[PDB]
Structure formats: C-alpha cells, structure tokens
Amino acid sequence: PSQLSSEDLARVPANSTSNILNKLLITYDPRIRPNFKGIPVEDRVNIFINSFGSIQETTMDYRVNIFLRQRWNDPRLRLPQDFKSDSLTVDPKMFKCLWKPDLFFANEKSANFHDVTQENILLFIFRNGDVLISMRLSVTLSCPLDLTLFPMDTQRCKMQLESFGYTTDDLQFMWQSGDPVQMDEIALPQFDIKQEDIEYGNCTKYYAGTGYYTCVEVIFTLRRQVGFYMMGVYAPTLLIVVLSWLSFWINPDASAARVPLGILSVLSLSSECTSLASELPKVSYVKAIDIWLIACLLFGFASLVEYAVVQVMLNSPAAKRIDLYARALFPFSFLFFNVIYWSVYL
Amino acid sequence: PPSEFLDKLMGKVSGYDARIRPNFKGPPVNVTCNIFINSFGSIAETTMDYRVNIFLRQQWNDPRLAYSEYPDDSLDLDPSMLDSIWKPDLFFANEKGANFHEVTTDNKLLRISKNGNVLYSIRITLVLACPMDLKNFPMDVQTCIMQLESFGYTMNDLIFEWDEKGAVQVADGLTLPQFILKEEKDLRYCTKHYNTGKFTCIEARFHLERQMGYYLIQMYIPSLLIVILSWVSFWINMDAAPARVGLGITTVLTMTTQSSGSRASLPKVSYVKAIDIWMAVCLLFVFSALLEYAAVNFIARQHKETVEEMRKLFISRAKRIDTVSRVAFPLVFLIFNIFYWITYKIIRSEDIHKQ
Amino acid sequence: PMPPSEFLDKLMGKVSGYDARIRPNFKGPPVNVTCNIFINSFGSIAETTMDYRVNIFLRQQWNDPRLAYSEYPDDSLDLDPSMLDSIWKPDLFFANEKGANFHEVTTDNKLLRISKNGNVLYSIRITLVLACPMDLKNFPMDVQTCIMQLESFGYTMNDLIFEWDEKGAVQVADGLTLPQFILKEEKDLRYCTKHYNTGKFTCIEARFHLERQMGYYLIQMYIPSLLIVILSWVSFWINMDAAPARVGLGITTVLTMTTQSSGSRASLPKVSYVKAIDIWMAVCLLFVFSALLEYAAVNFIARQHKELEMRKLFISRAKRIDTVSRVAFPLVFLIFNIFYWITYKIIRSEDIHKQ
Amino acid sequence: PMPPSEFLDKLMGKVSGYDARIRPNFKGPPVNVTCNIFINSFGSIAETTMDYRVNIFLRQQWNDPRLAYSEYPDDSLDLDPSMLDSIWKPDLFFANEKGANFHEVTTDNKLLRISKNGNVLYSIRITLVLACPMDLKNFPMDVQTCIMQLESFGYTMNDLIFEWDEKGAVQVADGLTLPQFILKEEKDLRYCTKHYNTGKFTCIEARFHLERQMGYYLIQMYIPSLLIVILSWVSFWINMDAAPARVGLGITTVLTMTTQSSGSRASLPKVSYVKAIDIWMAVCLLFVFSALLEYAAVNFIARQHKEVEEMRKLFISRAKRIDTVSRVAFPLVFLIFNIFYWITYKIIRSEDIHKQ
Amino acid sequence: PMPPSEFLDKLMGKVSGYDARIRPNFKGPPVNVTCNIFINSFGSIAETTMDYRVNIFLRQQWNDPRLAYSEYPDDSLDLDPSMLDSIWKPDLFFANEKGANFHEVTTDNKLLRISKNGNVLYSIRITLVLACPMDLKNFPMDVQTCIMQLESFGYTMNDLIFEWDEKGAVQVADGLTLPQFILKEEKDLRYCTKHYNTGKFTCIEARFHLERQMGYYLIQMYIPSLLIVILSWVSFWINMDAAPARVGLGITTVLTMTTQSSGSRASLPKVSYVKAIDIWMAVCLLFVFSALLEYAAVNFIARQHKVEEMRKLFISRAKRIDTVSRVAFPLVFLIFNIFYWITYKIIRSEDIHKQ
Ligand SMILES: CC[C@H](C)[C@H]1O[C@]2(CC[C@@H]1C)C[C@@H]1C[C@@H](C/C=C(\C)[C@@H](O[C@H]3C[C@H](OC)[C@@H](O[C@H]4C[C@H](OC)[C@@H](O)[C@H](C)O4)[C@H](C)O3)[C@@H](C)/C=C/C=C3\CO[C@@H]4[C@H](O)C(C)=C[C@@H](C(=O)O1)[C@]34O)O2
Ligand SMILES: CC[C@H](C)[C@H]1O[C@]2(CC[C@@H]1C)C[C@@H]1C[C@@H](C/C=C(\C)[C@@H](O[C@H]3C[C@H](OC)[C@@H](O[C@H]4C[C@H](OC)[C@@H](O)[C@H](C)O4)[C@H](C)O3)[C@@H](C)/C=C/C=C3\CO[C@@H]4[C@H](O)C(C)=C[C@@H](C(=O)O1)[C@]34O)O2
Ligand SMILES: CC[C@H](C)[C@H]1O[C@]2(CC[C@@H]1C)C[C@@H]1C[C@@H](C/C=C(\C)[C@@H](O[C@H]3C[C@H](OC)[C@@H](O[C@H]4C[C@H](OC)[C@@H](O)[C@H](C)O4)[C@H](C)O3)[C@@H](C)/C=C/C=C3\CO[C@@H]4[C@H](O)C(C)=C[C@@H](C(=O)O1)[C@]34O)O2
Ligand SMILES: CC[C@H](C)[C@H]1O[C@]2(CC[C@@H]1C)C[C@@H]1C[C@@H](C/C=C(\C)[C@@H](O[C@H]3C[C@H](OC)[C@@H](O[C@H]4C[C@H](OC)[C@@H](O)[C@H](C)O4)[C@H](C)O3)[C@@H](C)/C=C/C=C3\CO[C@@H]4[C@H](O)C(C)=C[C@@H](C(=O)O1)[C@]34O)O2
Ligand SMILES: *[C@@H]1O[C@H](CO)[C@@H](O)[C@H](O)[C@H]1NC(C)=O
C-alpha cells in the first residue's frame, strides 16, 4: 500500500491519512536519505530497559529486552499546517515506506523482533519534520568477563549501536541530551545494577577499504551479590576444616579411626572444588575462590601429615606434645588466614 | 450474493481505510478483552517463567462496518479476511517468546454484528516472565502476572477495559502437576507512563499454591533418616572408635550432599529460604553427634593421665554423657520440629490474607 | 480433447467465480467432513514434560458442489498441490497440540484429488508434539491413554461438522515399534463437542492405549535393589565382636540404597502422590535399616555382661538373635515379594479392563 | 544471434505457454526421474533418539519435451537458480525424516541445467535428520543399517516413477571419517513400493552399513571393570582375622561396579532387552560379589571351633585351604570366562558381517 | 543536478534493460571475484560436536560492465540495501557449514557500493557454525587447524572464479581474545578445487591455527592427580600392623582416582585412539595400585613366620620394603614426570612446524 503514490488513488475521502499521508508520501523515496548530498543526519537514540537478566557465565553473554527510540529531522516530511495537532500517530504498519537508519548492535549474539498480535512499533511525525520511531527488541549481547576476584567481582557490560551501510559523512549517531537510558524498577537475582551509567560515546569504527562508521556505547556496571556463595561455598568448606581438627582429640593409637577422618576430609573438599568449576568457564587464570580452596585443602592435608608424624614417633622406639600443640595452633593459624584474606578483598 | 457483499463492506469501491482508527479525531475506541486459558504449565523456577496457551478475544465497535441488507446478525467471516480490518496492537509487556500456531490454518475468528461490534479471537502460546519470592520456598504462594498494553496508541486513541462477566475463563479439568491454581483472580488497572506518553494497560493476577507432597517424600523424609542413623552411634560401644567415628563422618558428609542437591533446582538467590533452615539444623544435629563421641573419647582416656579411684570417676562420666544423649537428642529434635512447623503455618496463613 | 491448462482455469479461476472465502452450500446444511489419519511414526514420549510426538498424514473429504466437472471423462483428477490455495479448506486444529509444523523438504507435502461429483481429498503431512496428562500411581506396569483432539476454531456446528470415517479411521504404519511402550490395536473413536462463550464447535477425539514394557525396569532398578538387600544379610555371618566391619557394612548399604532411590526420580515429574516404585524403595530401605538397627540391639545386649552366671545368658541371647535373623529376614522379604507382585497384577488386570 | 533475455522469455515464458502446474506428457506414460546422492557430511548418530544427521546433494533428472531449444548451439545451459519457481519439479519427500531445512547462507543453494533434448538437471543442498531403527542386541561389536527413503506424496506410479541412477547412485566425499563408526563401501539399493488407501506411490531406498569402533569402549569401559575385579582378588592375601580391612575392601569393590554399570546405561536408550555389555557387567559383578561370600565362609568356619584342641586346628586348617584355592581359582575362572565371552561374540559378529 | 531518484531507475532498471538472471560478460571470460573476511568474533569451540562459531563480514568484489555511469562526478555512490535483489550476485556458499543465518536487527545488514568503472562492493554480516574435524591425540597440548571453504554451487569455473584478495584477505578484529584458545596471526590461504559429476567448481580456503591454553588443564586435572599419588605415599609411614587403616587409605585413593579419570571424558567425544591425558591417568593409577600391592606383600611376608630366628628374618624383610618404598616411589615418579613433559614438549615443537 501507498507505493508509487498508491497507484490511481481514485478514492476520495476527506482529510484523513488517505489524503494527508498519501500527499506527504506522493514524492517520497525511502531509498534516498534525507538531506541527500549534504549535512550528515543526526540520530538521537534512547533505550528503555524492560527486563535485564540471564547473565550466563558459561557463554559470557546476557539477554535484555529494550525499547529503541530514534529521532531524525526529515525535511520532506513536513506537515503542511493541515492539522493543528503536533503529532499524527499513524498506523504502525507504515514503517516500511519511510527511511530508517541501519542501526545494528555490533556485540550482539542473537536478535528477534516481536509479533504478539501486531508489529510492536511506534511511529511519530512532528510538525517540524522530526520522526520518532520506537521498536520492541530482544537482544542477546556479548559481555567479556574478568573472573579474577570471582565471588566478589564487578563486571562492566557494554552495548554498541553502530551503522552498517552509511559512513560518518552521511549518518551520525549520538545519545539524547537528557536521560538517554530510562531504566525500569527491576531487581536482579545474583547481581546489583547501579543507576550510574557511563555514556561513553564515540566508539567510531574504522574498517579497511570501507571507511569510518558511527557508533555509540552504553556501559552497565554490575556488582555481584556475595550472599549466595556464603551459604554455598564458604560455609561448606569451613565446616569440613572443623571436622579435620576432630582427629586431634581422638586417641593417638586409633589408627583405623583418625586415618579415615583425615583422608575423607581431604577428598570431600576436593570434590567440592570440582563442583564449583562446572558453572565457571574454562579460564586459565586463578580466581579469588581458589586461594580459599587451596588453604582449606592445605589445612586438610596438614592434618593427615600431622598424624603421620605422630605414628612415626610412637613406633620410633612423647608424642602428646605434637597433638597438644596442634589443637591450639591449627585453629589459631586458620584465624590469621581469615583476617588477611577478607581484609585484602574488603 | 455472498461474494459481492464482502467487496461492498471493505473493498476498492467501499474505500475502507484500514490505516485510520475508528472514530478518528474523536473519542477513544473502547476495547473489551476476554481470556480463555486452554493450557497452563511449564512453570520453571530456574528461569522464573511459565507457559500458557490462551484464546485472546477483543471487542471494539467499528461504526463503518455496519450492515443492514443481510437480515442475519453476527454473520461469521472468513479468517483470511482479517488483513482488511483495523485490529488493535495488543502485546504482553512481561512476555518473553510468543508464537502463533498455524497447525493446519490460521487459528483466528472474526465476527461482525449489525451495529458494528467486532469480535477477533486468536490462539496464542506465551512464555511470560514471573518474578518469584523464594522465601518460604517449600510452603509458598506465587502471584503470576499477565499484562496487556498498547505499544503505539496513547490514552486519547486506545483504552482497554476488562469484560464485566467472565473475564478470565479456565478450561475444565485443568490440573497443574506441581501447583494448585486458585479460583480467585485479581483484575486491576495499571496505567504506564513513558517519555512518549501514557499507554493503556490491564493486568490479571493468578494465585498459585505449591503442593507439599513431593517435597515431604523426597526431601524431608530422606533428611530425617540420616539424623536417626546418627543416633544409632549412641548405642555402639564406647571403645569402638573406628565404628562410631566412621558412622559419624558418613552421616555428616551424606547430609552435605543432600543440602547441596536440594538447592540445585531453584536459582542462586541471596536470601535465606525455608529449606535452608531445615538443612542447617539437620547438619547441626549430625555434626553434634560427631562432636559428642570426641568428648567421650577424651574424657575416658584421662584416667591414664588413688589411680584406680581416678579411673572409676572418668569412666562413669563418659557413660553418663552417652545415656543422657540417647534421650536428649530425640527430645531436642522433637521440640525443634513442633516450633518449625507451627511458625510456618502461621506465616502461610498471613500470606493467604495478602493474596 | 480439452487442453489441460485451459480446463484448469474453467474451474478455480477468475472466469469461474469461485470464492474460496465463502464455504460450500452457504446459508444451508452443515458441511460434512470425514477425516482419516495415518500413523507414520510414534515415539519421543517424555514423562518429565508429559507430551509425545507423532508424524501423521491427515486426510479430509467434503463434497463441494461448485467443483463439478464433466468435460474430462476421468473418475478423479489428481491436481498440483499448489492449487490448494484457491479452494475453501476447513479450519481444523488440535486442542492438545503444543507444537506442530509443516514439511517443505523439497516441495509442499500435500495431495489434492477431485472426483466428478465434487468430492475433495486433501492430505497433509504434519508432525505434532501432543500434550498427554499422565497418571503415575504405578510408575512401571501402567497403561497410559494418549488423546488426539481435532476441532474447528472459527466455524460453528451450524456450518462445519466433523465426522470420523466408517472404515479405517486410524491406520498405523507397517512394522511400527515403540522402544519402551506397546501400542494396542484397539482405538476408541468418540465425540467430545466443545462449548465456549463464542458458541459451539465440532470436535472428534481418538485415544491410544499404551502399555509400558517391564523389561528395562526389572534389570535396572529391581535387580539392583535386590542386590543391596542381599548384601546387607551377610552381616549376620560376620563375627559378633567385629564392630568396625559390621557397622561399616550396615551404613554403606543403607546410604547406597538412598542414592538408588534418588536415581529413579531423575526422569519423573515432581508429582505429589505415591508411586508404585516408592513402595519398593521404601520397603527395601526398611529392610536394610533394620539390619543396621539389629546390630545396635546385639551390641547393646552383648556389652551388658561387663557393665553389670549372668555372663553366659547375655552372650547366649545375642547369638540367638543372629541365628533367627539368618532365616527371618529372607523369609519375611519373600512374603513381601509375593504380596507386592500379586496385588499389583490384579490391579494391572483392573486397569487393563479400564483400558 | 539472440539476446539472452529474449531467449529466456521465448522459452518457458508467458508467451511460450509453459504451465509448470501440469506435468510433462499429460495423459501419457509416467514421468521417469533419475536420482543421485552425494554425501557431503555424515555424522551426529545419536543412540538415545535413534536418529542421525546427514548433509547431501540431491540431483534429479527428468525429460521434459516442452523445454527444448534449437536457437543456441551449446549442448547445455546453466540457468539461474532463482527462476526455478516456474519449473515443474517432482515431489520428493523422505519417509523417515524427523527434520529438514534448506540452506540460505548467501543465496539459494540450487543448480538448474537444461540440455538440448529437454533433460533437466536439478540439484539441491539439504540437511536431513533421518530416523533409523537400531537393534542394540549386542551393544559392542554391532553393525547398524540406516535407511534413506525417497518417495512421492502427491503423484502415483501411473504418473511419477522414481529410479536409481545406473552409475554412481551414492557418492561419498573424499574423507568423511566418522569418529565412532566405520562406513562400509558397499551400499544396498532396493525398491520398496508403498501402498496406501489413496493409491500406490513409488519409492527408492538406499541402505548404509555402519560398524561401531571398539577402541573407545575397551579403554573406558572394559579396562575399568577389569581393574575392580583384580582389586577384589587382593583380599585373598590380607590377614584372615582382619575383618574391617577385608570387608571394607569387598564392599567398596562391589559398590563401585554398580556405579560403573549405572554410568554405561546413561548414554543408551531405555530398551527392554539384554545387551552384550549387560552380560559382561553381570558376570564381573558376580565375580566380585562371590569374593565377599568367600570371606563370609572363612569367618564363620574360623570361629566355629568355639561354638577340644583337635577340632580347633581342623577348622583353622579348613579355613586356610579356602584362601589358598581361592587365590588361584578366581583368576583362572575369570580367564576361562574371558575366552568364552570373546570367542562367541566374534563368530556371532562374523556371521552377522555376512548378513551385513 | 539530475534527480537522485531517476538515477536509481534509469540505471539497472526496466528502461535500462539490465537482467539480473544473466551473469556479466555472458559467453565470455569468467567473472573474477575477490573476497575479504573481517572476523568480528571467534569462539564457541566445542570438541564434543567438533564445530566452532564465527561472526564475519563477507566482502565480494567483481566488475559488472553494464553498471558504468559517467553522468555523476562522484565515485563509489552508496546504494540502498533494500534494492540488492535486482543486482546480480555470485552464488557463494560454505562447504563445511552446519548452521548459518542472516542478521535482521533493525534493517538488513548489507552494504552495496558501485564505482564508475563498474566495480561492485558487497558486504554481508553472517554468523557461521562450521564443521572442523579434530585430531584429539595429544589432547591437553594440541594445536588445532580450522578451515573455511568458500565455493560455488551453481556456476562452474568457466563462468565464476573465486580468488583471495591480495591485501588483507583475512582480518581479525582488535582485541579479540578466545577464552581457552590462542589464535595465531599466520593464516594459510589455499586453493582446493572441487570436482563433481556435475562439473568443476571454484573454491578458496582459509586455515586458522589455534593453540590450546593449558592453564585450566593444569589446575583442574594434573594438580589434583598429584594429590592422590602423594596421599597414597602417606601409607608408607603408617604402622605395619594397621590393616584397617592402611587398606582403607589405599582403597579410597585408588577409587577416587578412577572417578577423576572418568571426569575427563565428560566433554570429550567418543574416540578410539589413545590421548595424552590417558597416558597420565593410566600411570597415576599404576602408582596408587602398586601401593596397594606393596602393603599386600608386606602383610603376607609378615605372617609367613607361622625357631625364634625365623620371625626375626621375616619381620626385618617387611620393614625393609617400607623404608625402600619411602624413597623408591617418589623417585620413580620424578623420573616419569621428567620423561613425560620433555617427550610431549618436543612433539609440540614439531606441531608448530607442521602448523
Ligand atoms: C558458621 C558455619 C560453622 C562451620 C557451623 O556450620 C553449621 C554446622 C556447625 C558449625 C559450627 C552448618 C551450616 C549452618 C550453621 C548454622 C547456621 C544457621 C542455622 C544459619 O546460618 C547463618 C550463616 C549465614 O551465612 C553462612 C548467615 O549470613 C546470612 C546473612 C544474611 O541473612 C541475614 C543473608 O543475606 C546471607 C545470605 O547469609 C546467617 C546469619 O545465618 C542458617 C541460614 C544457615 C544456612 C547455611 C547452609 C544451608 O545449606 C548450605 C549448603 O548447601 C550446605 C552444603 C551446608 C550448609 C551449612 O554448612 O550450614 C549451608 O551452608 O551450622
Ligand atoms: C604442587 C601441588 C601439590 C600436590 C600440593 O597441592 C596443594 C596442597 C599440598 C600439596 C603438596 C593443593 C592444590 C594446590 C597446591 C598449591 C598450588 C598453588 C598455590 C599454585 O600451583 C602452582 C604449581 C604449578 O606447578 C604444578 C605452577 O606452574 C608451573 C608451570 C607453569 O607452566 C605453564 C609455569 O607458568 C609456572 C611458573 O610454574 C604454578 C606456579 O602454580 C596454584 C595455580 C594451584 C591451584 C590448584 C587448585 C585449585 O582448585 C583445583 C582443583 O579444582 C582441586 C580438585 C584441587 C586443588 C588443589 O589440588 O590445590 C586445585 O588443583 O597445594
Ligand atoms: C517415616 C520416616 C522414618 C525416617 C523411616 O524412613 C524409612 C526407613 C525407617 C525409618 C523409621 C524409609 C523411608 C520411608 C519409611 C516408611 C514410609 C512408607 C513405607 C510410606 O510413607 C508413608 C509416610 C507418609 O508420610 C510422609 C504418608 O503420608 C502420605 C499421605 C498421603 O497419602 C495418604 C500422601 O499424599 C502424602 C504425600 O504422604 C504415607 C502413608 O506414606 C511410603 C510412601 C514412603 C515413601 C518415602 C520414600 C521413597 O523414596 C524417597 C526418597 O527418594 C528416598 C532417597 C528415601 C525414601 C525414604 O526415606 O523412605 C523416600 O523418602 O521408612
Ligand atoms: C591392563 C589392565 C589392568 C586392569 C591394569 O590397569 C591399569 C592399573 C594396573 C592393572 C594391572 C590401569 C589402566 C591402564 C593399565 C596400563 C595400560 C596402559 C598404560 C595402556 O594400555 C594399553 C593396553 C591396551 O589394551 C586395551 C592397548 O591396546 C590399544 C591398541 C591400540 O594402540 C596401539 C589402541 O588403538 C587401542 C584402542 O588399544 C594399548 C597399548 O594401551 C594405556 C593406553 C591405558 C589406558 C586406560 C585407561 C585411561 O583412562 C581409562 C578409564 O577412564 C579409567 C576409569 C581407568 C583407566 C585404567 O583402568 O587404566 C582407563 O581404562 O594399568
Ligand atoms: C478537512 O476537510 C473537511 C472537508 O473536506 C473539513 O470539514 C475539515 O474541517 C477539514 N479538516 C481540517 C481543516 O482540519
């Protein structure tokens, strides 16, 4: 519909989009950009965060639902004072017949539009010629993660909006002056999202043999909640260390009792470490949680090595000094480690 | 004739512009909404979502689509004709992935009355987002949310209303496997404001109650068996250090695996849940079982250090601890159990008042 | 001698005046549609999601007076599948359907045949994932009924009525064999007309009776469970004073039995009722727990002589407890095994009578 | 002498009067279509869902008298892939397909070539998720036959007949070494005509024989099972009166075998017949279980004397002779079992190899 | 001066007589297409499925004589992406591809530029899942070669020939860091022409060399394996007459080690050749297994004594074996460790030579 000035246009209604919009788009070519061979277009961009979530660590991505707003002055699309209203709120189906910038998310993994009952798009045309197109999009963006300091880490995730076909001489993207990213009252399960967003901007890309292209970036600061890992990792490992100390009160001559206590404690901690690796990606650097697990394994290992010394001393022909000292120092040394560890990581 | 009429109602001669809303430059059009729930299921805690199959019906009076020449009222039209008429742009704001069916043909209905009322029913499958409060996790009630908003038309053009009679209808013999869907549904008006303007929205809430049968058989009973197994140690010989220590450690380690397994399904939340209290106390009881033999072993060996009369006192002390423990550990567990189950039923009673 | 291309425009053409929008016999008796299905593949039954997937050929026959030809002397004229776009087709859809799709591997998998009287044959290849509610009171050895519901979305009982074919309504592919189920050769064809707010709609239902095969479950859960029970019994022959060996033996069997029960629930839904497998796993756990429970009594009885000829009687009592146990535990298990299988067999017969 | 555009319109154009809706030789002999298969990619054989994936090129040749030309001297013409929408193309669908898609990576992946005599060569890139029934009676040392059925949905054999090309029906790629299977060179080509109430329809079938590679199962299944059986025999050298050690050794070995057997069934479908792997695991489980019974007997016999000195010595001597014979018999009987198990399955496989 | 819209119509239009069905330079020299690739992201390398995913910009350049323009002074006029249908484009496609899709975020992600000489530049945003056969011997320390094949389905080498661009054929985005792999900067551009029964078709190939980071493998498998070997050595300092203690220690280490070996196969595909992680796991099992036989010999030798001189001799031999084992077992492991790494280091060096 409306292509080539809606063919004959024999119909004669009275002062509707049958007349106004068809008269507006009688000589409109969506293939030719506004202000052809002249000033590059300036496209104001806004985002509204419908839902933020699904920060997956295995694939290092997150999925967001947003509304994309754009604004650009179109000289051809000027209301000829026929309507005293500053807006038209035309049918959403009309987006196909008007020029639109070729915005695309450079870091995106998968995108889909949404068709609940109709196309989820809003088109507005002000009197001066400005156009406001809104669109409902669900985008899966890619976020590189630095998992050092893992249980207690902060992560910056970006969103880059750039053009694919028009260079910086024809099309230019900029962020809206006031409130560019209007978030929603949302809550994340495992993360905390601040209201301070770094509107970095620039990001202008240079590709060899094609030229410069415009880009705009919005960086989101996410802080991880440490509550889950307290109950999940730190408390279980701390418990197993306490069981390891129980051997120091069990009889020195109870070889068949203390030895199972030592070995089953060490092997239980090792299995707990393996389970943690399953969710995390196969990174090659050490994480903060690892220094905790190494020390817990070291204390577990040192309990069994302590008994081996006792068994040598008893059979060497006393050994009660070794056990008595172990009862005091082993909790005491663990206390110092905890003080240094938590203080270092605040 | 039938064929000629359809052209007359909306065709090239008619001049019906599908791009102009009814009552243009005038009062907003009134939209009445119906929902019939054909299927409810796929409630996943991990992703905090649920899936529904519904029939969405909309009614709006269109003055242009008024016919007097055919005597019959509410003549049913062909589904394919729906491209020609103006249809409101409904969408589910809290939705995640929607799909039409088209199993053999478009699952759509169209009816036009003499006065101009339109009825437009479509079959939709929806994956909707439901935020969940996983406190009181085994004994909880969850409110699901379904929001119908207009993306393109403001309050001057498009207003939404709920049907007075039978707004939400549930199919007969619909049984959720893990939940009990209550028969009281709350309908409210929640208008949305953005920087573009005001947009109509209507919301329907479903009150769901979690069935307690599965968790009792599969979580509470297995946990209460390990605690009892620990108590067997209080009858094993005091001198049997390999046996009681072996029995002690096995129970504590097994309980640790069960506690981790319980939290495997539901998400990684940063608050304390009801199941966590139960597992923690169970871990405390089994750990205290391991920590009672250690005190008995130590108190006994102290005789070696009136040497015989020193020997008697220590040996008696050890036995007393074991005998007292045999009745003490079940009794304290019993007192905890009655406190645990009474408070949560009280809290559950408060929750249904909120619902 | 009529040209084929020219004839194909005399019907289903602009010159013809055939309107696919208007149903046959407008303002008159309902259209009679006979339907057949061919079961090309059955499988992908999933307990967790309570659905199954089937690939079928759906044939429909209705009499269109307009599509009557006399120039060609052929009894029937197979036509190109592309022509189906220009003919009125009933809006059949499946009410229990979760997902369905068409097949476009090389061409559209459709078949149209038109007879001289005006009959139409319209065969479509479809694959549907159908929802089946399941009753799991007996997790093995049960009979599950899977239904297929074919109804009209937009045409009421005044316009479109669906009927099953008198002969061969459901035909199954030669040599179809489900891996874990047995499909019965008797299929119940009934009527379930639907009433909604928008009117009454035709619906026809075909149900399939599926019987679970016991071969897999016997060698993978029942025999492993039997091994754990018989392993526990050897403790009665282990030395009475060997506390580390017997206590370690008792606890290990009980904990492994617990894991085996946990393995069973992996593929099952979180149902709140009691299943048949739960009875077996509970009784097996009861036997192994009792064997550990027995040793605690023997240990408590045995040590009494030293703490308290009284020596001989206490020792004698402990040995007799072991001696009776060596025959009591096997015999009592045997009585349970006889009772468990025979009671459920008559239950199986009762469920077989109910189909 | 003729512009290419004009030839494209003069033949099969609206002026020409070629209707793709009517098949060639209407009210006449059946159209004969020759078929070819080039296997671009074979893999993703999944036991659990009993399917496999394949990437193929499907070539069909059929003689159309209407599509004949004399204007151009060339024997053949590589026509544009986009203009296929006005060609009459036979309907071909796969009876055992569980899923398929076209490929649109950059353009339409199709080839059309029209010869002077009217022959048409039409090639398509397809990815097929085909379903094959699998025996699994002998999970190791088995040969599986996969099926590809090419049949017509709308045209009966009086109209459309499908045949197999005389030379090079199925053509495998240069490599295409499957990780878990070995694809035999010989491929069976058969006719399996289908009969329905609608009518009789043509169909052609190609069977592929796949032999499972035994290297993975030996390293990761049989050898771990062998280790536990040997580990059990260590109990026949430990002290006779060391009840915690020997009973602890016996239980840990038996329970480990149960978890090893449980691991194997995970990757397999829930079939209701006894597989070859089941017989191995059962016999190995029988051996390790019998070791536990051996300690039970010697423990009972040793203390039987208490329940004068002459009886005590005889019982202890009786107890010790059990240990001596056990440490020799248990390896030897397992050795004898291994010879019977492997030899029978090889002769069974060899006879099946003749069948396959 | 002359209106922009007319140029769109006057060139490559109905008035122009441009035919997109007919390739440039018909009945003449083959069209030569130069290809560029810009790798936006590289990742998702999966050994199990032997594939990897990539996001690229595919640029093609060819010379169409029919598109020369001299009316406008400017060169390299950007066109609109929506009008690419009427442009003739080569039928490039990927031979080893398993799943590919276009990108439609807001508009089509396509760029078209046309120079005055007729040269055309056409870039597309594509996401590729590409099949990559892998040789998984030397699994922890393995360099992997990935290939990308670009060849023509419908045009033979008489019409369409593909060549790699002289400057910057394969370009990698700045700061692209694979998670577990390292991508070498040297890229192999080869010609692998394809021959079929249909004919000969042009093909160009690009090879990528990927080195596997061994940080993860050392921390999660090698270091835990060291613990089990070391923990086994603790038994050599435990008392000789501690059969429950020492055998229990032996069994726990050996059985835990087997589970650790079974952990590795989870991600690996089922292959029938020996890998390098197998040679490590096999030797580690040998060391712990030989420790169990070490105590078994000591236990057997000690009891062999049953005058007084005999028990002196046998008891010394059992003690001597333990002291020798305390140095022999660590020493032999050190010898194996030195030989293992140096052998696998020289092989890795040759792998770099093989690229
Ligand atoms: C302190 C541990 C020592 C070793 C004792 O541990 C044991 C046994 C005896 C040792 C002396 C077992 C231990 C619990 C303690 C007793 C503890 C409680 C009854 C509660 O716990 C504390 C700890 C908790 O944070 C560890 C703490 O902070 C809160 C702050 C915030 O709320 C205000 C909240 O936002 C944040 C998330 O958490 C809070 C004061 O509540 C009770 C809630 C315990 C829950 C812990 C667990 C349940 O499943 C977990 C895991 O799956 C498993 C394998 C082991 C469990 C465990 O290990 O449970 C487990 O980790 O006793
Ligand atoms: C030395 C290990 C013995 C067995 C000790 O293990 C324990 C306790 C006592 C034993 C004596 C426990 C062990 C850690 C160690 C302490 C180790 C470290 C603090 C680090 O390791 C060193 C050693 C490593 O060289 C083996 C060395 O790299 C070489 C080669 C490199 O070339 C590429 C070269 O760049 C470099 C210069 O030098 C490097 C300095 O990193 C630290 C990175 C290790 C963390 C290990 C673990 C955390 O989670 C893992 C796992 O999920 C689990 C189940 C067990 C953990 C564990 O097993 O923890 C675990 O595997 O102590
Ligand atoms: C009673 C627990 C103590 C610790 C005893 O446990 C053991 C051994 C000895 C201890 C003294 C083992 C224990 C079962 C009990 C014996 C119990 C039964 C034989 C049955 O149960 C009764 C009790 C149950 O009430 C919760 C009772 O209510 C019903 C009411 C309703 O119907 C009218 C029903 O809608 C509602 C949901 O439930 C009902 C009469 O069924 C039998 C069904 C037991 C099932 C339990 C289990 C099977 O697999 C589970 C789990 O996967 C596993 C790892 C351990 C099992 C277990 O732990 O089994 C397990 O949890 O003995
Ligand atoms: C010999 C078994 C006894 C039980 C010994 O086992 C142990 C300990 C002591 C016992 C006396 C442990 C055992 C290995 C052996 C020593 C064996 C080796 C060092 C190698 O093996 C040989 C034998 C093998 O022939 C089956 C032989 O054929 C090849 C021929 C072809 O190559 C030319 C090859 O294409 C074809 C596939 O196979 C070949 C020479 O490789 C080494 C490769 C062993 C690997 C085994 C394993 C690694 O992870 C597996 C598993 O995940 C686990 C839980 C246990 C491991 C194990 O159980 O490892 C495991 O199964 O010692
Ligand atoms: C549009 O035109 C009609 C008559 O053609 C007139 O009545 C109406 O007021 C006009 N609308 C305006 C001027 O906004």
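Throughout, protein chains are lettered first and strands after them, A, B, ... in sequence-line order, and every chain is numbered starting at 1. Technique stated in the header: electron microscopy, 3.0 Å. Side chains included, hydrogens not; waters and symmetry mates left out as well; all remaining heavy atoms used. Every number for a ligand or one of its atoms is a count from 1 in the order of the listing.
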Open item on the list: Mind telling me the name of the drug at ligand 1?
Closed with: ivermectin
Open item on the list: Okay, contact question: for ivermectin (ligand 1), which chain racks up the most heavy-atom pairs under 4.5 Å? Name from the PDB entry, please.
Closed with: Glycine receptor subunit alphaZ1
- [ ] Using a heavy-atom cut-off of 4.0 Å, enumerate the other chains touching ivermectin (ligand 1).
- [x] A, B
- [ ] Give the name the PDB entry assigns to chain A.
- [x] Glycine receptor beta subunit 2
TODO: Name the organism the PDB gives as the source of chain B.
DONE: Danio rerio
Open item on the list: Any of the residues UniProt assigns to Zn(2+) binding in chain B within less than 4.0 Å of ivermectin (ligand 1)? Only heavy atoms count, please.
Closed with: none
Task: ivermectin (ligand 1): UniProt transmembrane segments of chain B with heavy atom under 4.0 Å - done: 2, 3
Open item on the list: Could you check which UniProt strychnine-binding residues of chain B come within less than 4.0 Å of ivermectin (ligand 1), heavy atoms only?
Closed with: none
TODO: Write out the binding site of ivermectin (ligand 1) as chain and residue number, heavy atoms closer than 4.0 Å.
DONE: A:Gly227, A:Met231, A:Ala235, A:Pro236, A:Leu239, B:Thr256, B:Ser259, B:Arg263, B:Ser270, B:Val272, B:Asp276, B:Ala280, B:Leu283, B:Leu284, B:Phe287
